[PDB]
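Below is one structure; the comments refer to it alone.
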Amino acid sequence: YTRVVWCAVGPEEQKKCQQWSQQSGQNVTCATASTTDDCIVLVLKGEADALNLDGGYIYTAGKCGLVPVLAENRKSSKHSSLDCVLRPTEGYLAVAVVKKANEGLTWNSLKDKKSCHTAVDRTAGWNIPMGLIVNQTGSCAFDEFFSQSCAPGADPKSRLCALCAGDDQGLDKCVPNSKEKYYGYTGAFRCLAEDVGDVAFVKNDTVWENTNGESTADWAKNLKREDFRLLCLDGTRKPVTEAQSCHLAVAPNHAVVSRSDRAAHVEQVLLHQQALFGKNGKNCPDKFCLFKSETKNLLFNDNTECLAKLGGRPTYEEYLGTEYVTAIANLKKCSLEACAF
Ligand SMILES: *[C@@H]1O[C@H](CO)[C@@H](O[C@@H]2O[C@H](CO)[C@@H](O[C@@H]3O[C@H](CO)[C@@H](O[C@H]4O[C@H](CO)[C@@H](O[C@H]5O[C@H](CO)[C@@H](O[C@@H]6O[C@H](CO)[C@@H](O)[C@H](O)[C@@H]6O)[C@H](O)[C@@H]5O)[C@H](O)[C@@H]4O)[C@H](O)[C@@H]3O)[C@H](O)[C@H]2NC(C)=O)[C@H](O)[C@H]1NC(C)=O
Ligand SMILES: *[C@@H]1O[C@H](CO)[C@@H](O[C@@H]2O[C@H](CO)[C@@H](O[C@@H]3O[C@H](CO)[C@@H](O)[C@H](O)[C@@H]3O)[C@H](O)[C@H]2NC(C)=O)[C@H](O)[C@H]1NC(C)=O
Ligand SMILES: COc1ccc2c(c1)c(CC(=O)O)c(C)n2C(=O)c1ccc(Cl)cc1
Ligand SMILES: *[C@@H]1O[C@H](CO)[C@@H](O)[C@H](O)[C@H]1NC(C)=O
Ligand SMILES: [Fe+3]
Ligand SMILES: [Zn+2]
Ligand SMILES: [Zn+2]
């Protein structure tokens, strides 16, 4: 009676779900879809129960009447008086990153350059950057601003995927799941790292997690923090040590959403699943760890300490915040009252 069905996006998140499933006593089983939007639809239909989402998609899902249930929490200095689950989230910092070697590249000369985005409609990788740029340009022509990009989820032979690489066998070019090589936080940063783009729109954490031997991967093991700069909105450039005074915005933590008729039931099971497989669980890191996959962020971000209860029972609008939700509306009028599905 108590069983939850997770929705996995793409073949890699599937395999990871399958393990979680088997290690759970079929307390959690799996559904798989090729895109986040398709997983949202599975959940509305009632064939899946839940998944973890970037704030940009929480805005989609919430118009269709889905609700935040538990949020991700990463390591925190302040607020250490308290327990992670009852501990307040903070929100990550969205940044624009460049090679140090590229002098002359400022927030003011981004026109006609090459760009690396997490995916279309995501907070740090899309809504923040393109919102600012529509504003400063007064045009909805965000498809003509950069010469070429990789923006997973756009038309495959527009210039917005022009830089995307697809899977081993060259298939799936710019699909929005991890088969695409430059998908998500890690892929967008790899995109700038390998000098395919001139800038990448990721979050502060991503730079740290993938420089200075912090990530054991082939493309990144020789990357070094001092080789990068952040672009600030006042036209200057700073070390990645200054993210606190040189970001584009702060962003709501990714959160697990479900259909509201299912929210209590999902919350109940997951809090128990993190007790077995979480950051200090009975069975992690012995048998299985929910918050770990090789710097991939599969199902969850790897820097997740825990899933946190929500303060005060949010609506998705309260959780996303008033500031970020007007940002999104203003952008969507470019490309008020109806589900996308
Ligand atoms: C932008 O994002 C970054 C990435 O998250 C973030 O920095 C983190 O800051 C948090 C809290 O402010 C900090 O918290 C700690 O938890 C750590 C676990 O993550 C504990 O540290 C130990 O474990 C980690 C992981 O294995 C080791 O990580 C390394 O990275 C750095 C540099 O590569 C080095 O660590 C340090 O060495 C200095 C020496 O002076 C020392 O002062 C520090 O305390 C630390 O030890 C190290 O070379 C490693 O390669 C590390 O070795 C430790 O053994 C720790 O107990 C503490 O509670 C977290 O570590 C930071 N993340 C990382 C990976 O650097 C920024 O805060 C974000 N900035 C903004 C503005 O939001
Ligand atoms: C790009 O520009 C648009 C258009 O201005 C930005 O939206 C505007 O920004 C501010 C900040 O949220 C909004 O004003 C605020 O509204 C509430 C009540 O209206 C008020 O109490 C707040 O203190 C604040 O004044 C304003 O409503 C909004 N304007 C419109 C027409 O919606 C948008 O945020 C920008 N996009 C990005 C990513 O910056
Ligand atoms: C009405 O009470 C709150 C409480 C928290 C808030 C906001 C409003 C708004 C803004 C708004 O929508 O106007 C934001 C952005 N909040 C946060 O980001 C935040 C982050 C971490 C924690 Cl632990 C708590 C809150
Ligand atoms: C599965 O769920 C049942 C109900 O709580 C519980 O008895 C059991 O401990 C759970 N097993 C695991 C491994 O989650
Ligand atoms: Fe995000
Ligand atoms: Zn700020
Ligand atoms: Zn409320």
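Residue numbering for chain A follows the PDB entry; the residues present correspond to positions 342-676, 681-686, in that order. Per the header: X-ray crystallography, 2.2 Å. Remember, it's 1-based here, ligands and their atoms both numbered in the order they're listed.
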- For ligand 3, what drug is listed? indometacin
- Task: Look up in the PDB entry the name of the chain making most contacts with indometacin (ligand 3).
- Result: Lactotransferrin
- Task: Find all residues with any heavy atom less than 4.0 Å from an atom of indometacin (ligand 3).
- Result: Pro429, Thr430, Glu431, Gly662, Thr663
- Task: Would you verify that at least one protein heavy atom lies under 4.0 Å from atom 19 (C) of indometacin (ligand 3), or report that none does?
- Result: no
- For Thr430, counting its heavy atoms only, list the atoms of indometacin (ligand 3) lying under 4.0 Å from any of them. 21 (C), 22 (C), 23 (Cl)
- How close does the nearest protein non-hydrogen atom get to atom 23 (Cl) of indometacin (ligand 3), and which residue and atom is it? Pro429 CB, 2.8 Å
- Covalent site of indometacin (ligand 3): none
- Task: Would you mind checking which non-hydrogen protein atom is closest to atom 9 (C) of indometacin (ligand 3), with the distance to 0.1 Å?
- Result: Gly662 CA, 4.8 Å
- Query: Can an N or O of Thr663 be found at a distance shorter than 3.5 Å from an N or O of indometacin (ligand 3)?
  - Reply: yes
- Message: Yes or no, since that's all I need: does a protein heavy atom fall within a distance strictly under 4.0 Å of atom 13 (O) of indometacin (ligand 3)?
- Response: yes
- Message: Quick sanity check for my notes: UniProt domain of chain A with most contacts to indometacin (ligand 3)?
- Response: Transferrin-like 2
- Task: List the source organism for chain A per the PDB.
- Result: Bos taurus
Is there any protein N/O under 3.5 Å from an N/O of indometacin (ligand 3), and what does the full list of such pairs look like?
| from | atom 1 | to | atom 2 | distance (Å) |
| --- | --- | --- | --- | --- |
| indometacin (ligand 3) | 12 (O) | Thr663 | N | 2.5 |
| indometacin (ligand 3) | 12 (O) | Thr663 | OG1 | 3.1 |
| indometacin (ligand 3) | 13 (O) | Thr663 | OG1 | 2.6 |

